Novice: 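I'd like to talk through a structure of Bestatin bound to Leukotriene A-4 hydrolase.
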Amino acid sequence: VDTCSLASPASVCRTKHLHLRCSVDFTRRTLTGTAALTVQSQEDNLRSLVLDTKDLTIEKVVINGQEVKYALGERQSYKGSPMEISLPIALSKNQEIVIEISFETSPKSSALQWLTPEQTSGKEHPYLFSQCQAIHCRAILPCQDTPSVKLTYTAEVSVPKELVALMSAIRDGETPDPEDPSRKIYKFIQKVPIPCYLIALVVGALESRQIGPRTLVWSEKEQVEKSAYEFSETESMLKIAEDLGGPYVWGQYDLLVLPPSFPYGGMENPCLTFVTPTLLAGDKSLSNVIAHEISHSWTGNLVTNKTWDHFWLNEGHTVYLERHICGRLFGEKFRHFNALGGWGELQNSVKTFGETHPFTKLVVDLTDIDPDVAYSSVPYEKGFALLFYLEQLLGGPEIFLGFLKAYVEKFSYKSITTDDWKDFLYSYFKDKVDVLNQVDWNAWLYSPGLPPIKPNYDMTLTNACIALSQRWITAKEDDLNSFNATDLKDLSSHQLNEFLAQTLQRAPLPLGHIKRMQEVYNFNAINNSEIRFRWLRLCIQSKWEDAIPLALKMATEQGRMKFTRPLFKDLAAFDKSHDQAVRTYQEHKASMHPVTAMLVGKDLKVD
Ligand SMILES: CC(C)C[C@H](NC(=O)[C@@H](O)[C@H](N)Cc1ccccc1)C(=O)O
Ligand SMILES: Fc1ccc2[nH]ccc2c1
Ligand SMILES: [Yb+3]
Ligand SMILES: [Yb+3]
Ligand SMILES: [Yb+3]
Ligand SMILES: [Zn+2]
């Protein structure tokens with residue numbers, strides 16, 4: 001039972017297919033069109049069904065070529081409004097009908113961001129992109145908005161002719177729009193069943209460049225070159241993921257680089273991963289994001305969480321595979337470094353929420369909770385730490401990967417729960433159940449706070465970071481002299497980043513120390529977004545006025561939530577920048593991604 005959806009559940013009826021015909025209108029910021037749902041009943045004598053919608057204008061509903069009765073219930077907050085459709089003929093178990101719904105979206109659709117030409121790189125054309133995870137697909141089209149249901153889809157999308165549409169599907173040709181030659185129709189087929197949260201659309205002045213046998217990179221013209229370089233390891237990453245998870249079943253693996261307001265680092269949309277332009281460090285150092293989204297092609301897009309309570313199944317297994325790809329690519333010691341980093345993110349989230357907070361549970365009860373509000377690292381890193389702890393318990397990586405590969409074959413095309421997962425883990429390791437019964441399942445799966453056990457981590461690459469961070473924290477004024485640019489001589493970008501994360505955990509440091517840090521390390525010059533983000537944070541919590549404009553600038557010139565939210569929060573907690581933070585939010589709010597807008601608003605205690 002999915003408590004984030006208002007639709008009839010999978011035990012009642014199941015959508016098999018969506019055919020979407022729609023037109024994008026930049027002048028009105030609406031999508032207008034029809035969604036044809038092929039719906040299979042799961043019960044005897046079914047006479048009505050319920051769909052999720054949110055800020056949708058329904059014009060009519062047609063079955064067998066006749067307008068039919070339907071109604072929108074009362075809005076229930078972030079869930080939207082349930083649509084009740086009256087079937088003209090009762091259906092028997094397993095019967096299929098096609099239900100064609102005529103709809104239009106609101107400009108305020110929580111799924112969409114409409115960009116003005118000034119908000120893009122080229123400056124001549126507007127741009128639109130979607131983000132359906134978790135429950136925003138209902139703000140684009142009426143659907144059973146729950147991952148407990150999987151459907152194939154095809155779409156035809158009319159856009160101004162000088163623009164391009166792409167979707168989470170195989171692109172299947174373009175032509176002039178016969179209803180209006182100022183426009184093109186682009187067509188798309190997704191032949192592999194998916195949860196609706198993987199539906200995705202972009203429309204904009206895009207070009208593509210080929211970067212491997214089954215990958216094109218797409219973005220505005222002025223990002224293409226740098227993007228092809230930055231993501232050049234992509235094919236080699238697919239080769240390792242195939243080896244780990246089994247065949248890649250989706251045809252194409254493309255990348256779309258979005259404008260800087262894209263709320264996430266990456267979003268694993270089938271055939272077309274979306275990434276933030278803040279990944280473009282110049283040196284491929286941030287590619288673990290591509291490896292993570294690649295991994296979802298098995299864990300997440302094949303095997304899917306039945307409800308969002310079980311999100312950890314999605315993210316935990318994926319981070320587990322991301323870290324393996326990275327370990328194959330760069331060595332096992334690098335996997336251990338990144339894993340220990342992750343536990344560090346875990347300590348931070350739990351500290352922030354508080355150790356008894358319900359959102360620190362691996363499995364969460366989402367009734368009444370907006371998933372955008374509950375989102376944190378907890379399901380990623382607590383989930384990852386569970387799998388890493390099981391790996392050490394059951395005899396190392398190669399053994400645990402045999403389970404991962406078998407778990408994917410097993411649940412491919414399905415949606416599963418935490419108990420579905422646990423059960424198969426007991427079945428697969430039947431010769432080791434005695435070891436499995438020493439795991440504190442109730443603590444790991446259902447208790448708040450840090451996990452009860454911390455796995456074993458190689459420290460090789462981590463030591464230099466902890467050591468340099470300890471020198472700075474224990475330094476007094478008379479020790480500042482002895483820091484030099486040569487302290488950084490042997491640290492990769494990743495270790496510089498880990499150095500700052502260590503140091504930020506003990507923030508604030510004295511203002512003197514920070515000034516000296518900039519003097520000898522020149523962190524202000526570093527354009528790597530992870531590093532600059534933590535270095536700006538450390539600056540603002542240590543109350544260094546000069547960092548105020550640098551922080552405001554980063555928080556607004558890009559909008560990846562990971563960076564934008566804690567930058568605004570920090571700035572607001574600093575008395576000197578409090579007013580400017582609140583003012584800047586209010587000045588930028590209207591042209592922000594609507595989900596980012598809402599969360600930053602909450603965080604700042606505004607409106
Ligand atoms: C390496 C990963 C941790 C990168 C991470 N991206 C992800 O986790 C994606 O796979 C997630 N699917 C992003 C997401 C989750 C929930 C709701 C909306 C969007 C991100 O930072 O965006
Ligand atoms: F959107 C989501 C989904 C699953 C989750 N599990 C813990 C937080 C959380 C947020
Ligand atoms: Yb075709
Ligand atoms: Yb069992
Ligand atoms: Yb001293
Ligand atoms: Zn993910």
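The residues of the chain are indexed from 1 along the displayed sequence. Start at 1 and go down the list; that is how both ligands and their atoms are numbered.
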Novice: Where do all copies of Bestatin show up in the model?
Specialist: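 For Bestatin, that's ligand 1.
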Novice: Around Bestatin, list the other ligands or ions under 4.0 Å away.
Specialist: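 Other ligands or ions: ligand 6 (zinc ion).
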Novice: What protein heavy atom lies closest to atom 9 (C) of Bestatin? Include the residue and the distance to one decimal.
Specialist: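 Atom 9 (C) of Bestatin sits closest to the protein heavy atom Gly266 O, 3.1 Å.
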Novice: Covalent bond partner of Bestatin: which residue and atom, if any?
Specialist: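 The deposited model shows no covalent tie.
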Novice: Provide, to 0.1 Å, the distance between atom 8 (O) of Bestatin and the closest protein heavy atom, together with that atom's residue and name.
Specialist: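 Going by distance alone, atom 8 (O) of Bestatin is nearest to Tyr380 OH, 2.7 Å.
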Novice: Is Bestatin under 4.0 Å from a heavy atom in the side chain of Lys562, in the backbone, in both, or in neither?
Specialist: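 Neither; no heavy atom under 4.0 Å.
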Novice: Among all the protein's non-hydrogen atoms, which is closest to atom 6 (N) of Bestatin, and how far away is it?
Specialist: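 Result: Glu293 OE2, 3.0 Å.
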Novice: Any atoms of Bestatin less than 4.0 Å from a non-hydrogen atom of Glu268? List them with their elements.
Specialist: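 Counting from 1, the qualifying ligand atoms are 9 (C), 10 (O), 11 (C), 12 (N).
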Novice: What is the overlap between the Zn(2+)-binding residues UniProt gives for chain A and the residues having a heavy atom closer than 4.0 Å to Bestatin?
Specialist: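 Of the UniProt binders, a heavy atom is that close in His292, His296, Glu315.
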Novice: Considering only the protein, which heavy-atom contact is closest to atom 17 (C) of Bestatin, and what is its distance?
Specialist: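 Nearest neighbour among protein heavy atoms for atom 17 (C) of Bestatin, to 0.1 Å: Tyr264 OH, 3.5 Å.
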Novice: Okay, next thing: UniProt's peptide-binding residues in chain A - which of them have a heavy atom under 4.0 Å from Bestatin?
Specialist: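 From UniProt's list, the heavy-atom cut-off leaves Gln131, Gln133, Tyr264, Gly265, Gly266, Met267, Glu268, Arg560.
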Novice: Have a look at Bestatin and work out which part of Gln133, if any, has a heavy atom under 4.0 Å from it: side chain, backbone, both or neither.
Specialist: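 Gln133 to Bestatin: contacts from backbone and side chain alike.
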Novice: Does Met561 reach Bestatin, in the sense of a heavy atom lying below 4.0 Å from it?
Specialist: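 No, that is not the case, since the closest heavy atom of the residue is not under 4.0 Å from the ligand.
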Novice: At a 4.0 Å heavy-atom threshold, which residues contact Bestatin?
Specialist: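 The heavy-atom site around Bestatin is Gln131, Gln133, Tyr264, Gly265, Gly266, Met267, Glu268, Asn288, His292, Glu293, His296, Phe311, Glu315, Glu322, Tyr375, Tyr380, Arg560.
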Novice: Pairs under 3.5 Å, N/O atoms on Bestatin and on the protein: can you put them in a table with the distances?
Specialist:
unit_1   : atom_1 : unit_2 : atom_2 : d
Bestatin : 6 (N)  : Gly266 : O      : 3.2
Bestatin : 6 (N)  : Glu293 : OE2    : 3.0
Bestatin : 8 (O)  : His292 : NE2    : 3.4
Bestatin : 8 (O)  : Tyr380 : OH     : 2.7
Bestatin : 10 (O) : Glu268 : OE1    : 2.9
Bestatin : 10 (O) : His292 : NE2    : 3.3
Bestatin : 10 (O) : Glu293 : OE1    : 2.5
Bestatin : 10 (O) : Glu293 : OE2    : 3.1
Bestatin : 10 (O) : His296 : NE2    : 3.0
Bestatin : 12 (N) : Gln133 : OE1    : 2.8
Bestatin : 12 (N) : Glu268 : OE1    : 2.6
Bestatin : 12 (N) : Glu268 : OE2    : 3.3
Bestatin : 22 (O) : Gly265 : N      : 2.7
Bestatin : 22 (O) : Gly266 : N      : 3.2

